[PDB]
S.K.: 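I have a PDB entry of ZK200775 bound to Isoform 2 of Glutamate receptor 4; a few questions follow.
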Amino acid sequence: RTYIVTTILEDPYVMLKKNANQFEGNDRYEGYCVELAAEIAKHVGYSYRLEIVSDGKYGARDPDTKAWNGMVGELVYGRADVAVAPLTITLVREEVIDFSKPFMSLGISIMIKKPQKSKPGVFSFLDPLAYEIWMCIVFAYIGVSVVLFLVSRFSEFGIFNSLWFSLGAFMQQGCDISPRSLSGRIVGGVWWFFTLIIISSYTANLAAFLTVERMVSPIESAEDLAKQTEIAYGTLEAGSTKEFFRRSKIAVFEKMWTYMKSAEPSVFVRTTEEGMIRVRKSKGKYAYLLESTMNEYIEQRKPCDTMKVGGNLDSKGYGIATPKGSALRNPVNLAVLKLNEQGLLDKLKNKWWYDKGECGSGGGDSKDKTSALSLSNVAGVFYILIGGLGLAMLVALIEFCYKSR
Amino acid sequence: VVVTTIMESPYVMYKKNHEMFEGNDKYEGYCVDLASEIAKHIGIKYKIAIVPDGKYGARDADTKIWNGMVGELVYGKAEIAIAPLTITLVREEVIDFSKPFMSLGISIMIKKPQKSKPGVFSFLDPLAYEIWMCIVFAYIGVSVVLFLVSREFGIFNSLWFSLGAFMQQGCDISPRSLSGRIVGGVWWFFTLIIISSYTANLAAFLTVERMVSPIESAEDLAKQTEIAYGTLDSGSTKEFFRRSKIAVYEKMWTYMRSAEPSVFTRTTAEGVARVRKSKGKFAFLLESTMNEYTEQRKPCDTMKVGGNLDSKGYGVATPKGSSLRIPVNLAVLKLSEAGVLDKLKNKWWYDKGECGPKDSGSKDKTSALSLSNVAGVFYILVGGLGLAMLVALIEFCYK
Amino acid sequence: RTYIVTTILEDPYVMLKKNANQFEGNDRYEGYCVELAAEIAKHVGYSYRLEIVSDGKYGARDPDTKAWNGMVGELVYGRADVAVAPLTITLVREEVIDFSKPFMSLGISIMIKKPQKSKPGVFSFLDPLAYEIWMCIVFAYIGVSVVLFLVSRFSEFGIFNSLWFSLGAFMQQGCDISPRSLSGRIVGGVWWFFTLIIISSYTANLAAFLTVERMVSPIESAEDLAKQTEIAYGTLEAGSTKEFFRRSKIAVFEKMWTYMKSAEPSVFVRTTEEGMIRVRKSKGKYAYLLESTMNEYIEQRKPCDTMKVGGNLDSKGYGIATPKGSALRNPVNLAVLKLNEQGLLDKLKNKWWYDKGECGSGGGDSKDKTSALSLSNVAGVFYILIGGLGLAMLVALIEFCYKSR
Amino acid sequence: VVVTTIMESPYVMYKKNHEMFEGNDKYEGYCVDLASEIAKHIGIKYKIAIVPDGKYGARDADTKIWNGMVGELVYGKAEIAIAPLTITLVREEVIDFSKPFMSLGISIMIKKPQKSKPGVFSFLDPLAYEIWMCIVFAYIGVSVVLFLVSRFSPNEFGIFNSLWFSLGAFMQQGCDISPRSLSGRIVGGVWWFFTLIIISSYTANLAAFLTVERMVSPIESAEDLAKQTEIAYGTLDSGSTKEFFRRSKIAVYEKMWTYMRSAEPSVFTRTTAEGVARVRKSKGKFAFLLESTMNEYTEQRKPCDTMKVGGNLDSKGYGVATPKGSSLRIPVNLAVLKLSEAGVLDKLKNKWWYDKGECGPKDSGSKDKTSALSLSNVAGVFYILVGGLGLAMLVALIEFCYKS
Amino acid sequence: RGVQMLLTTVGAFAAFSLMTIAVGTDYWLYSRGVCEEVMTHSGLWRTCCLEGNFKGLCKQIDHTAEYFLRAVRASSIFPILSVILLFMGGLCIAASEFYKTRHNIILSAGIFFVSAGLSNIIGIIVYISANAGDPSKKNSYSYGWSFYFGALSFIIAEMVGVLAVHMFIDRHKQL
Amino acid sequence: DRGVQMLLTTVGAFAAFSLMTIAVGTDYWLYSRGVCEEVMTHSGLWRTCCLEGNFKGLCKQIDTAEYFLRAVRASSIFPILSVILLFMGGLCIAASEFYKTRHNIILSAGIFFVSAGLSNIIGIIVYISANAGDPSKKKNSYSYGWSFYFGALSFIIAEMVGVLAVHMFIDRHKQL
Ligand SMILES: O=c1[nH]c2cc(C(F)(F)F)c(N3CCOCC3)cc2n(CP(=O)(O)O)c1=O
Ligand SMILES: O=c1[nH]c2cc(C(F)(F)F)c(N3CCOCC3)cc2n(CP(=O)(O)O)c1=O
Ligand SMILES: O=c1[nH]c2cc(C(F)(F)F)c(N3CCOCC3)cc2n(CP(=O)(O)O)c1=O
């Protein structure tokens, strides 16, 4: 005889047929769930006919005023054989049917936008100061140079020679020219004091910037997110995450639930893709807790700007719904447990979740954090160096052009 | 049972959903939750009501009546007052009070302490004044001793050699004596070590940018500080300040009397608006309850408690000849002992806050150095250049 | 008719007179509660004849075989009417007797060892860069000096001249001396590079040392104490503090209650004096979580090493005990309320807690908090510098001998 | 009602030494508290009986007898068994398994690093890697260009004189003769500006590197562990990990199996205790690979030097067992699921796993260690100094040989 | 050497023109201040607003070492001394263009240019310390080309002064 | 005034030789709190022994840019080179005080004193980078013993003779 298997239209686990019309029938769906269904049908031995639930929702066994729906409702109403589908293990759906075995582990995990900062060139050069500061340094240089020339010619010195000595005196570099007379002596003294205090201040400021850049705390697990209190976090109004938040018993989990229940920014989410768009548009100012399978799906198939961090906060399993009093209960349990222990189920998971993913986080080498510099903040240094080198060479040649003319 | 309550900020409030329910379930706050807790403890049907008079409860002392809650309780209008009431001498012979469920007193409150932006002091903020007068004395001594030990170093050549060595430079002429070599090496080494110490101190200061509490941190420092101090016109604070026996509060009273008459403010809203406009101005010596209220509201800038002064008591009123006096006394004592009113106070005063940065400190970006911390450098630069030009002009006039 | 009062002596209430037993008895009592009893007896009118406590303990409910003891036990079991000595407020005391009013508002307090440290002299100079590296870099300097003499005079430049050039090269001041042979230039350049890196390393290490030294903050409040694990804390088993810690349900209180629940070291002590001397012996990491009044009393003691930090975690109160139906219940309540509002209680507290204290007469002895390098860190340099000057003066006179003898 | 467990696991512990809490309830731990909770849920009598087999259980096909708790159930001496029991096919086809109460995985383990004390690399540690040969390239270029400037203008500077002047400018002390040319002012000032900004950057970078430490772990993933091939890896002589490695299918695991195939220093450890002792003795190699639960248990043991890097190689779990279907089977299944969905089970698990270990009480790191720079952070600079001085004497000797 | 004297002439007249346009007309800085984020034209006596609900009105603007620097930043006494000082300098440039024999007025004029450049740059730093050293609460430090006219009043005054000194180390040879 | 200078060089070089003998033969190098546990040990460059403990009386010998220096520390090869060329320097200054005609013999002598200084520094730095170069080493440490300061004294008298014997070269060369 034939058998019917029911499959929920879920984004990470099943694809609608891109070719659609010209290849219809059994080959209308491609994904992890339908591949697992085909494999277990080849193992146990039967024929599968694909079916779609009417309401398009997972459903629940809430004690409402009748009107039971969902996949468990489709199974209990009698118009089903086996429900090969994602199904979170819970008490309300255990009292009427039994689940076979957990083949994958679910845990609510935080996601965060990938921090990508591009180190500039000449912009990062004068970064640990002010443009104001640099323009006053340049103008103080040229003013002190001209007044040093004035006092040297007023009390043996050229403007070129005065520029040489002012450069050396501002620059903490020695020279063979000395400020004769006490007025030039005290101008030189004030100049060395000024340039020493500026160089000390700049070194202190850049050291402070490097220290505060290094002394940073990246977010790991849930405790750091609980104690950072800077990035807002929230979940859907209903679902497994909300039910876990209401029934939270851990002290830290109760703390984060109270922080979320303060509701200063509220949940600010309606659907999963709406929250995904919001957190990608929040520039790292928002956080979302979601099921780790969606997190790995977004890490690869979505554009590479959101990433996973931390472990699973809870341990919940999966399964495929089976009737309580049917003959298709124990052999399918043995088959799914055999495929779990064999590793071919893991092979299918890796094949569907790593190969056909449009991102390069796991298919290529990452960036090794060797600290220190990376020839980025000091590129403008050698840039203005070689610019001054070329300027000096060309002014030497126009001097030689004066010689030749 | 019916209880009357004054419209006050930290106890009861008109809910935003005014049309949700009219009657008992229309107020949320400390007072209604405390009343619900004690009603669940003893067992009674409780409601809520607002004072028709609007007064907090005091005696006019001329009409032989009390103006407010105790006035309507004595003259037969209510049988319980869960709204807070500080216990004083006059309200004991006509009303009964239980054990204090909360402790309050007169505490100081100042403005937000921010980083200073000095002109000349920013140049010398690392190290201290003493070490720099010591270093200029040492500079003079070293210059004069190396001038005398060489007798080409005259009374200006030796000074220029010392000056060039003092900011890590060289010189055209070097001596040939062993004593000169020793003094030059030791002065160079001292100069280098103190510049290294200065730059380390400046780097640490700039990377930590840690704020320090101002001078107004204790009663004696408040008495010794020139900053202004203001309080309300009349009330519990004025009554306490009128008569004292500590002789430091007498000094505070004399300071208030001899200062400007602007230290008296009509309302606490006007007072906080006055203190908000400046980092100094007049700071307050007000109730700890209102201080805790104001520190966790929307403008989280003034959040300073400082020391604690005086001792008062918040109690629940009870009319005379009532059989529930002992019951409410044991109820409030069991509450304050076992602990749910303290939990409620925590959840409504610290957990219920617009800003959470007061509980745990955070960091800030160092940003650009700006010019506030550097303008002293250019000020001493222009001072030196002006002095040099003045001495050059007078030297031209001199010779 | 005459009246009696019962008192309990631990500290500093019913202190015996310094003249021992030469006085008349109850008049030989210097303290807080005895003066309060005398004043409150003068207020309403009754005899203040002291009664000897039977056991010396404050007493408890004693659930075994019921009954009572202490001042409350004497009050319930006849021959006692007025108890002036302070005692805390709890449920079992109110269940039997009634109090008038609390005459201060106290709570449990936290104490720490007073931070005492002395900055060194010449030792703080060689603090951030060890001791052996200075000796071997002096060895390297003198070796480079002598081998520079060899290379300069092997291919002017005497041993004195080589010593001068190496001294000016070891720490970047500059000189008019310059080598001519290429080997001399090479060795000078290697020396310059080495000592430049040494000075940069010293500056970096010193900046790091001040940063990490002043980065640490004093312990305060309860949440920072809970997050701190290297500072340690605890309480006594036979006391109300342990019962308050166990019976609390607030998250932070339960948090550190769980913390010292698994107390592997010998945290718990027997008496207050034993815990206090254990704090003094350790002085680096321990706490007792003792009362506010006892903390202020220990703070004003001759060894001068305990200080109050933080605030009151709870809102406990004192009181005076009166029986039911007595004629001295309402008048004593009015008397204690009058004393509370008059301020004479504050006068007595300041007199018997601050004025008579042999320690901390000027409590504000260290409050400047000058977070800058004072004349206690680098001033040892100012010693050796002038000492070098002194040595210079010495070598001056001997070379004066070289030019005069 | 008889229930069984194993004393050779971090789930039970002997109370005191002997004759402590006599009767039935003697041992405390995670599994017995779980059994107490499910007994309070459904209602059952308790037991402390332990099978004397010792081994957890195996499929002895030759003798057709199961050892330990599984045999004691299938051949019949009890009805309930709560213990750490992995779920596989051969134990499932005789005894059913309920939903696992805690996730399981196999992870690698490396010893805790203490410090890094290199030689020339210690000097080479701050400020990038490419900067030094960039610096010497820039030095050679600026020296040859400034020599061209001094020679093309018709001065008192040869190649060696220009090189020494450029170095003395680079070392921020001075020189003897300035070029004193209107062309040379720009190049001299620009190179001075370069050397001052680079010494400031070097000093500040060294200060930032020294003020705090982060200590990036040598490994962070199993794929990188296979790729690096510098730290020895050994699972165990035989067991679940060896069986999984011998019959794996994911692509990198065959290369891992070939890596263990050429096993020189006896990576097949006989016992787990010997393996953890060996990896605690030496941190340079012999890194371990074991289950996640035993790893997290060793994380809270007295030595306090062991971490995990994250990522689970495999997925299994521990479940309760019951011989055949009866009234107790569905009852214990629903009790286990009711405790799993509720927050009591993971509360008990993480509470009892994190209170007994003093090592993890100090979370993150401790900043109360300033120390001082010993020779190890400086000996590279001392060594390049002494090498330069020896090379200066070598070139002086060969110059004496060449010229005289 | 008439090229040097005509350089002094053109430099002095250009300096006078740029100081007139800079301090006589409110064109100093661009900002997002309140008159809201509106550009403002602030000079010495009168600050003009350009947008907002207050469009069309231009408002007369008022205003041991901290008091001195506050008075300097408010009253602009160092800019006032600079502009008066270089007005006297321009007067003696006109005199030197007419009278080519007097010596003290033109060397003194050299001192007037260098001192006026110093006074202008310290007026710049004191006003930018009234704006940045007194931040109140990116584009705040925006120079609306009149701070660049002050920068010219520094640098091209330095150029004309140094070429005047070049004429003066040669006038010492001339006399 | 040169005869007293040759006497000073002779006595300084003989002092250096005696310091080499007391450094190689004996083991008073450092007062390390080793195990014989923290107790004073006489750990030599050639012979490490204890003074207390439960096995006092029996003792034995010690042993791409790091293997060479570990081999040096195991073999003590730069101190061996230093003492070998110091013995060679003693032999050549004995020849110089016997043969006053030749001049390059004191050139060789000077290069042995300076190479002795460099090799002694190299040996003491690798010794201290294997001594203070172990982060494991330990409540009581440092406080180096008397022969560490005797090696420092050997360096300072090597510097003294490298001043005065090089001055012999200077005044003999201007004499030459
Ligand atoms: O016993 C008294 N206790 C009081 C307690 C408080 C409060 F702080 F709210 F707790 C106040 N608030 C002061 C600020 O404005 C709102 C009312 C007034 C009180 N008054 C009136 P006073 O006569 O003006 O002191 C009393 O009499
Ligand atoms: O009424 C009471 N008042 C108490 C007052 C004090 C003190 F603070 F010293 F004044 C103390 N000390 C606590 C510190 O160790 C020495 C005794 C105990 C008291 N107890 C017994 P508890 O149950 O140990 O608190 C009471 O019952
Ligand atoms: O069902 C099983 N559950 C097991 C559970 C554990 C663990 F939880 F870790 F304690 C272990 N440990 C392996 C490492 O040394 C200690 C014992 C072995 C198990 N084995 C035997 P395997 O076949 O060697 O894995 C089983 O059969």
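Throughout, protein chains are lettered first and strands after them, A, B, ... in sequence-line order, and every chain is numbered starting at 1. For the numbers below, each heavy atom of this structure counts, side chains included, while hydrogens, waters and symmetry mates do not. Note that ligands are numbered from 1 as they come in the structure, with each ligand's atoms numbered from 1 the same way. This deposition comes from electron microscopy, 4.2 Å.
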S.K.: Okay, with a cut-off of 4.0 Å on heavy atoms, which other chains neighbour ZK200775 (ligand 3)?
M.R.: D
S.K.: According to the PDB, which organism is the source of chain D?
M.R.: Rattus norvegicus
S.K.: Let me ask it plainly: counting UniProt's transmembrane segments of chain D from the N terminus, which have a heavy atom under 4.0 Å from ZK200775 (ligand 3)?
M.R.: none
